[PDB]
Undergrad: 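Submitted below is the structure of interest, expressed as structure tokens.
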Amino acid sequence: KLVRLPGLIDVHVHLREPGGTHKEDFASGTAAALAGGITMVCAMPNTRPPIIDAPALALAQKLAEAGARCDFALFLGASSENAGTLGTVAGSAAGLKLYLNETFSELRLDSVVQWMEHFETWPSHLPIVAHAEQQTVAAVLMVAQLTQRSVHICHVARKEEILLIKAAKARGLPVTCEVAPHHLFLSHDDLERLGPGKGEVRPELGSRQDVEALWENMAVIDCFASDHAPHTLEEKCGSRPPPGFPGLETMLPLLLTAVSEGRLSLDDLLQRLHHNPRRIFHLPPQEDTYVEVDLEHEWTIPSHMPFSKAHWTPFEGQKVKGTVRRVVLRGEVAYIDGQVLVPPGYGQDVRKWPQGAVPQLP
Ligand SMILES: O=c1[nH]cc(F)c(=O)[nH]1
Ligand SMILES: [Zn+2]
Ligand SMILES: [Zn+2]
């Protein structure tokens with residue numbers, strides 16, 4: 001029989017609009033979200049132009065309100081120049097994103113003093129999330145401690161990183177983290193199939209011991225989040241391949257397969273794709289919204305899923321069990337067995353809902 005799930009939330013997607021709309025756009029990316037059982041997305045700021053100032057945020061808001069099919073919030077991006085400038089618009093964003101390592105990003109902050117300046121100037125009650133790999137996780141945690149506030153670590157991929165976060169949580173430090181499906185379901189073993197172009201992602205694919213360590217430390221993982229990072233196959237297979245994988249349409253099917261194999265419970269899944277995203281990012285509930293899944297249907301991931309403009313997937317050939325049958329978003333059928341039924345522009349900026357503002361002391 002079907003199982004009804006609440007509206008799932010992905011706090012880490014790249015929708016590529018503005019400036020990279022051949023890779024994705026709000027319409028195609030949120031179509032891919034609905035097809036993956038996702039009714040609310042938080043979109044990263046590494047677009048063209050990047051969302052690193054009030055005018056770029058206003059532009060992206062309209063673009064999102066016109067093209068998004070599911071609901072959304074938009075990240076602001078930290079830059080080497082905008083610390084202390086974001087106070088009037090900070091509350092309207094999903095949170096502040098820091099790029100602390102090299103990746104598909106023009107926003108790297110090279111001095112730790114720039115990190116501190118952001119942690120000090122960004123309103124302390126609003127989320128800060130970091131792309132922070134290996135020792136950079138410990139470095140950014142230190143900055144959070146010096147500035148006495150929380151931090152959220154994006155796509156944790158390594159035994160090294162999850163064990164460090166585990167030690168920090170055991171000392172009572174306010175740190176949360178997310179893990180992406182490719183770091184749970186792929187590894188070095190797959191680089192031969194993928195090749196060095198397709199296989200290019202940051203954080204890179206881990207060893208089998210990295211993958212095993214994340215599964216063993218499920219209790220340390222607060223959120224699953226796709227880091228949906230679409231690029232075209234041409235780009236992935238070209239001279240300088242940009243890192244990243246598309247993932248909205250495969251994330252939930254992969255995770256449902258793990259559930260059916262007894263590797264985690266349905267509750268563990270709902271904690272990490274609904275409750276914890278809500279509470280870490282202060283995201284509002286979605287009225288009359290739910291996802292119906294079929295845990296019985298077995299299928300094989302094809303060479304590309306229907307909706308993402310990436311038109312490729314590193315999970316090709318994996319056998320999954322579990323499929324999104326229907327999604328209702330705020331009282332409308334949004335998706336059924338491969339058909340997206342709400343138009344571009346149906347989706348709304350949740351930070352403009354009364355319940356979607358982050359509460360704060362006057
Ligand atoms: O972390 C990321 N890697 C690659 C990307 F294209 C992107 O948007 N984000
Ligand atoms: Zn990243
Ligand atoms: Zn990302």
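Note that the numbering runs from 1 along the sequence shown for the chain. Indexing begins at 1, ligand by ligand and atom by atom, following the structure's order.
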Undergrad: So what's the drug over at ligand 1?
TA: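 That would be fluorouracil.
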Undergrad: Which macromolecule is the chief neighbour of fluorouracil (ligand 1) by contact count, per the PDB entry?
TA: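 By the greatest number of contacts, it's CAD protein.
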Undergrad: Is the closest heavy-atom distance from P242 to fluorouracil (ligand 1) below 4.0 Å?
TA: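 No; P242 lies far enough from fluorouracil (ligand 1) that no heavy-atom distance drops under 4.0 Å.
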Undergrad: Where does fluorouracil (ligand 1) share space with the UniProt Zn(2+)-binding residues of chain A, that is, which have a heavy atom under 4.0 Å from it?
TA: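 Going by heavy atoms, UniProt's Zn(2+) binders that qualify: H14, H131, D227.
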Undergrad: For fluorouracil (ligand 1), is any non-hydrogen atom under 4.0 Å from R16's backbone (N, CA, C, O), its side chain (CB onward), both, or neither?
TA: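 The part of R16 near fluorouracil (ligand 1) is the side chain, not the backbone.
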Undergrad: Which atoms from fluorouracil (ligand 1) have a heavy atom of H14 less than 4.0 Å away?
TA: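 This gives 7 (C), 8 (O), 9 (N) as the contact atoms.
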Undergrad: Heavy atom of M44 under 4.0 Å from fluorouracil (ligand 1)?
TA: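 No; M44 lies far enough from fluorouracil (ligand 1) that no heavy-atom distance drops under 4.0 Å.
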Undergrad: Which heavy atom of the protein is the closest neighbour of atom 4 (C) of fluorouracil (ligand 1), given with residue, atom name and distance?
TA: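 The closest one turns out to be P243 O, 2.8 Å.
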Undergrad: If you measure every N or O of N46 against every N or O of fluorouracil (ligand 1), does any of those distances drop under 3.5 Å?
TA: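 Min N/O separation from fluorouracil (ligand 1) is below 3.5 Å for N46.
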Undergrad: Which other ions or ligands have atoms closer than 4.0 Å to any atom of fluorouracil (ligand 1)?
TA: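 Under 4.0 Å: ligand 2 (zinc ion), ligand 3 (zinc ion).
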Undergrad: UniProt (S)-dihydroorotate-binding residues in chain A with a heavy atom under 4.0 Å from fluorouracil (ligand 1)?
TA: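 In chain A, UniProt binders with a non-hydrogen atom that close: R16, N46, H231, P243.
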Undergrad: Check whether any N or O atom of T103, backbone or side chain, sits under 3.5 Å from an N or O atom of fluorouracil (ligand 1), and answer yes or no.
TA: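 N/O-N/O distance below 3.5 Å exists for this pair.
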Undergrad: What is the residue-level binding site of fluorouracil (ligand 1) with heavy atoms closer than 4.0 Å?
TA: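 By heavy-atom distance, those residues are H14, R16, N46, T103, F104, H131, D227, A229, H231, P243.
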Undergrad: Which N or O atoms of fluorouracil (ligand 1) sit under 3.5 Å from a protein N or O, and how far apart is each pair?
TA:
| unit_1 | atom_1 | unit_2 | atom_2 | d |
| --- | --- | --- | --- | --- |
| fluorouracil (ligand 1) | 3 (N) | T103 | OG1 | 2.9 |
| fluorouracil (ligand 1) | 8 (O) | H14 | ND1 | 2.7 |
| fluorouracil (ligand 1) | 8 (O) | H14 | NE2 | 3.3 |
| fluorouracil (ligand 1) | 8 (O) | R16 | NH1 | 2.6 |
| fluorouracil (ligand 1) | 8 (O) | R16 | NH2 | 3.4 |
| fluorouracil (ligand 1) | 8 (O) | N46 | ND2 | 2.8 |
| fluorouracil (ligand 1) | 9 (N) | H14 | NE2 | 3.1 |

